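So, a structure with bortezomib (bound form) in it.
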Amino acid sequence: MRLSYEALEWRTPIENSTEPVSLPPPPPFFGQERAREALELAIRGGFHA
Amino acid sequence: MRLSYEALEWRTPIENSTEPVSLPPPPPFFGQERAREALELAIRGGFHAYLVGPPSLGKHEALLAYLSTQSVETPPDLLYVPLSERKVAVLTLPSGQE
Amino acid sequence: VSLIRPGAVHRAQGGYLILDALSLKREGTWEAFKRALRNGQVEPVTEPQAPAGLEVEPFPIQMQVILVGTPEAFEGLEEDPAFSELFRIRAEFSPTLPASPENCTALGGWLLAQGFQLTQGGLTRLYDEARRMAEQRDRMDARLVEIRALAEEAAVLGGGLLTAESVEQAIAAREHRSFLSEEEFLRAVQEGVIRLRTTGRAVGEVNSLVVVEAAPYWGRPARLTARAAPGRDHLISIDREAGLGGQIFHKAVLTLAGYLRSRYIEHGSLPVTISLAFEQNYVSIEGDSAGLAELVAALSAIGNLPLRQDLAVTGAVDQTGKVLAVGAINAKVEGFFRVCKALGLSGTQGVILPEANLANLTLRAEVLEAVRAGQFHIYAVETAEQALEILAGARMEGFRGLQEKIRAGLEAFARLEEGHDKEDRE
Amino acid sequence: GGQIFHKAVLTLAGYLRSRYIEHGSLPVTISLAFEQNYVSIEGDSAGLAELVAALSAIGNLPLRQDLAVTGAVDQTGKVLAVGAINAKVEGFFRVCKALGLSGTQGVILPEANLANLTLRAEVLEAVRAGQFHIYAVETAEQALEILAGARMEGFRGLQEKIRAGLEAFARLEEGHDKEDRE
Amino acid sequence: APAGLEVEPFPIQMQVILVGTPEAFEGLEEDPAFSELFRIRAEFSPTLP
Ligand SMILES: *[B]([O])([O])[C]([C][C]([C])[C])[N]C(=O)[C]([C]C1=[C][C]=[C][C]=[C]1)[N]C(=O)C1=[C]N=[C][C]=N1
Ligand SMILES: *[B]([O])([O])[C]([C][C]([C])[C])[N]C(=O)[C]([C]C1=[C][C]=[C][C]=[C]1)[N]C(=O)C1=[C]N=[C][C]=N1
């Protein structure tokens with residue numbers, strides 16, 4: 001059945017295209033918590049990863 | 001037919017997760033009596049043996065430990081003697097005589 | 001004479017020289033080594049630029065060399081008769097030790113010798129994991145360095161003490177570190193990208209169990225569809241016709257085709273053609289572990305039998321209709337349970353596996369707990385008759401039987417080809 | 001055609017064999033060709049397109065050429081997800097715009113790819129304006145119903161016409177046999 | 001080289017962390033010594049939520 005535009009509109013709406021954002025730097029491997037945990041285990045245990 | 005949990009429970013029951021175990025070190029090639037016997041035969045007969053096993057099984061460490069357990073007559077001190085300015089040969093002498 | 005440096009052979013005199021088969025057949029020094037052994041020809045090597053070289057007189061060899069290597073490392077070196085004549089003693093390490101309390105005690109003593117600190121529960125969990133590695137309930141894996149690596153992981157996860165909880169944590173962390181592929185597969189199944197049915201009854205669809213390659217093998221269900229159409233006997237393996245199915249896969253297809261040919265005889269040749277395809281396969285198929293699933297799917301397609309989609313079917317089958325043992329049954333069962341849990345356990349999902357694999361069923365804690373709670377089942381069969389009885393939820397023998405329905409379906413297909421021939425002649 | 005392309009062809013062939021049973025073996029032979037292809041084909045993205053084209057050829061069903069058809073199909077007649085759906089939809093919209101948007105051109109894509117539809121601004125604006133459509137289906141039955149502009153089930157339906165076409169083909173083959181025997 | 005210093009084997013205190021694509025490692029995973037030396041697998045998800 002035909003998809004409506006709203007059902008197809010995927011872009012996140014923009015509040016404003018101005019006012020430069022000021023955000024804190026994210027932690028390393030942000031969104032990659034699996035790799036972060038594995039590498040933490042490697043550092044703690046002295047293994048080779 | 002459907003397998004019951006007891007028919008599927010394979011884990012050995014735990015008496016206690018504490019009281020650190022104190023067990024004597026096992027003999028080298030424990031559970032590998034075939035390889036142990038083969039290597040004993042090789043050591044006794046002075047043959048050349050070859051250790052075959054799936055990778056990462058501890059063959060090197062177990063074999064080294066077992067050979068350290070072994071003993072032999074003191075090896076003669078081998079050395080190179082120049083038979084000439086051109087010719088050299090390996091000369092074996094009793095220990096200390098070198 | 002003062003500028004010759006002793007090699008391994010020179011300091012091995014009177015003792016033993018340990019060498020690796022890889023380091024010989026790879027570095028090309030095997031021929032020189034065996035000439036130094038047979039003929040006592042130990043020659044201190046020199047660079048080709050050398051203006052002269054000492055004439056080293058052949059030396060009788062007093063050492064006892066002991067090669068170490070994998071079976072594959074020596075089958076590439078056993079082809080030389082000089083090897084078979086020089087190395088007479090073959091020391092084979094069994095891949096699996098028997099699962100005995102003496103073996104567990106020996107493993108614990110070995111771990112304590114390394115410098116570890118085992119609790120009784122930690123040793124028990126490590127021994128159970130070793131049994132699981134061997135995929136046998138009565139054999140424990142002999143790879144001691146694998147168990148040592150797991151012990152090191154559990155020690156750093158437990159502060160230095162190998163507690164049962166610490167070993168379980170190490171196992172879970174090792175599983176999760178290689179879980180990205182299975183996590184993505186689960187997400188794809190949830191999103192509907194890979195359409196799987198862990199509930200309901202569908203005709204001719206069976207959730208075959210497939211084990212992927214790469215770092216630790218994860219099982220995962222693969223939907224299997226069989227469609228029955230009238231026509232001269234041709235059981236088509238779409239994955240093999242396309243060239244994805246391997247040799248053993250084709251052998252399984254032919255085996256079950258022969259079983260179907262010889263099982264239903266009250267017509268001429270099998271009056272149906274069956275198309276078997278792994279949906280969303282896109283990858284080469286190797287092995288014979290979906291023979292039972294293929295057979296039950298084909299039988300359902302022939303007889304129009306709705307098969308319970310909640311049960312995954314694994315296991316090879318011979319051409320007399322008997323389920324045969326398969327490998328990595330733990331991976332298959334755990335993968336299907338993972339997919340069922342991701343879709344939400346219905347309280348009736350299960351796995352149909354060969355009766356011959358009961359000694360190989362070392363399931364994880366969560367799967368066993370689900371089985372105990374009744375949220376997950378494990379059926380064991382030895383003949384495909386039982387597997388199709390379980391899936392279709394009926395009995396072959398008896399009136400309104402599965403066998404009667406399959407016979408009626410074959411009869412209908414034959415009568416349709418017959419009507420086509422009637423129209424051809426008239 | 002590559003291995004996966006052949007797998008798709010065989011899959012839809014089996015679906016066609018098992019779907020129409022009121023004769024013996026499928027009484028028709030269907031020729032499927034990518035026109036102006038000249039290049040090796042790899043992948044299973046046109047299984048739905050191949051299936052609907054074959055069904056139209058069997059039933060003499062005129063298919064709306066304004067709609068592009070993508071999506072794999074399994075041999076039970078259900079549309080399967082495909083990759084790079086954004087590229088396919090945007091490419092068809094590009095070609096339609098180059099020829100001039102007719103206000104009815106669209107793309108038929110698997111229902112399972114809705115989570116993958118991240119279209120560009122222009123395609124979304126065209127959809128909002130109604131100048132371009134995006135149909136989502138999960139079974140090939142719906143895709144054929146959309147393309148042929150009729151309803152599968154029902155009197156004078158697509159299924160009835162496909163059955164009539166198969167009956168005519170079998171009729172002609174058995175008429176050839178009637179001549180051969182007499 | 002007319003001669004060479006005989007360097008005695010040295011214990012390794014470093015922790016090596018290999019980096020590469022899955023294809024760059026599947027051609028290196030076939031060596032059992034790799035799987036025994038590198039126990040920790042840090043996988044980066046291709047897509048974040
Ligand atoms: B099996 O376990 O026999 C199965 C049979 C197939 C017809 C469903 N194949 C596999 O699991 C194989 C690996 C294997 C492990 C142990 C013994 C034999 C084979 N893998 C695959 O078929 C596969 C398919 N797609 C992706 C990855 N792996
Ligand atoms: B598809 O998306 O499965 C499709 C199948 C084909 C029958 C239309 N394959 C392709 O478009 C492939 C690329 C591809 C992308 C993603 C997954 C699989 C395949 N390319 C081609 O077939 C092709 C043909 N001619 C020229 C260029 N590319």
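Chain letters run A, B, ... following the sequence lines, proteins first, then strands; residues in each count from 1. Heavy atoms only: backbone and side chains are in, while hydrogens, waters and symmetry mates are out. Indexing begins at 1, ligand by ligand and atom by atom, following the structure's order. Partial entry; contacts are within-part only.
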Counting heavy-atom pairs under 4.5 Å, which macromolecule has the most such pairs with bortezomib (bound form, ligand 1), as named in the PDB entry? endopeptidase La
So, with a 4.0 Å heavy-atom cut-off, what else is touching bortezomib (bound form, ligand 1)? Just the chain letters, please. C
Find all residues with any heavy atom less than 4.0 Å from an atom of bortezomib (bound form, ligand 1). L209(C), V210(C), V211(C), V212(C), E213(C), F249(C), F278(C), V283(C), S284(C), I285(C), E286(C), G287(C), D288(C), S289(C), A290(C), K332(C)
Is there a covalent bond from bortezomib (bound form, ligand 1) to the polymer, and if so, to which residue and atom? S289(C) OG
For chain C, which organism does the PDB list? Meiothermus taiwanensis
Identify the closest protein heavy atom to atom 22 (O) of bortezomib (bound form, ligand 1): which residue and atom is it, and at what distance? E286(C) O, 3.4 Å
Does atom 8 (C) of bortezomib (bound form, ligand 1) have any protein heavy atom closer than 4.0 Å? yes
Distance from atom 15 (C) of bortezomib (bound form, ligand 1) to nearest protein heavy atom, with residue and atom: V211(C) CB, 4.5 Å
For bortezomib (bound form, ligand 1) and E213(C), I'd like to know whether there is a polar contact (N/O to N/O, distance under 3.5 Å). yes
Residue and atom name of the nearest protein heavy atom (relative to atom 26 (C) of bortezomib (bound form, ligand 1)), distance in Å to one decimal: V283(C) CG1, 4.0 Å
Hey, are there any other ligands or ions sitting under 4.0 Å from bortezomib (bound form, ligand 1)? none
Need the bortezomib (bound form, ligand 1) atom indices (1-based, order shown) with element for anything under 4.0 Å from a heavy-atom of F249(C). 7 (C)
If the cut-off is 4.0 Å to any non-hydrogen atom of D288(C), which atoms of bortezomib (bound form, ligand 1) fall inside it? 3 (O)
Could you tell me the residue and atom name of the protein heavy atom closest to atom 23 (C) of bortezomib (bound form, ligand 1), and the distance to it rounded to 0.1 Å? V210(C) CG1, 3.5 Å
To check your reading of the model: name the closest protein heavy atom to atom 2 (O) of bortezomib (bound form, ligand 1), its residue, and the distance in Å. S289(C) OG, 2.2 Å
For atom 18 (C) of bortezomib (bound form, ligand 1), what's the nearest protein heavy atom and its distance? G287(C) CA, 4.2 Å
Measure from every N or O atom of bortezomib (bound form, ligand 1) to the protein's N or O atoms and keep only the pairs below 3.5 Å, writing each with atom names and distance to 0.1 Å.
from	atom 1	to	atom 2	distance (Å)
bortezomib (bound form, ligand 1)	2 (O)	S289(C)	OG	2.2
bortezomib (bound form, ligand 1)	2 (O)	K332(C)	NZ	2.7
bortezomib (bound form, ligand 1)	3 (O)	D288(C)	N	3.4
bortezomib (bound form, ligand 1)	3 (O)	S289(C)	N	2.7
bortezomib (bound form, ligand 1)	3 (O)	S289(C)	OG	1.7
bortezomib (bound form, ligand 1)	9 (N)	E286(C)	O	2.9
bortezomib (bound form, ligand 1)	11 (O)	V211(C)	N	2.9
bortezomib (bound form, ligand 1)	11 (O)	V211(C)	O	3.3
bortezomib (bound form, ligand 1)	20 (N)	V211(C)	O	2.8
bortezomib (bound form, ligand 1)	22 (O)	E286(C)	O	3.4
bortezomib (bound form, ligand 1)	28 (N)	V211(C)	O	3.2
bortezomib (bound form, ligand 1)	28 (N)	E213(C)	OE1	3.0
bortezomib (bound form, ligand 1)	28 (N)	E213(C)	OE2	3.3

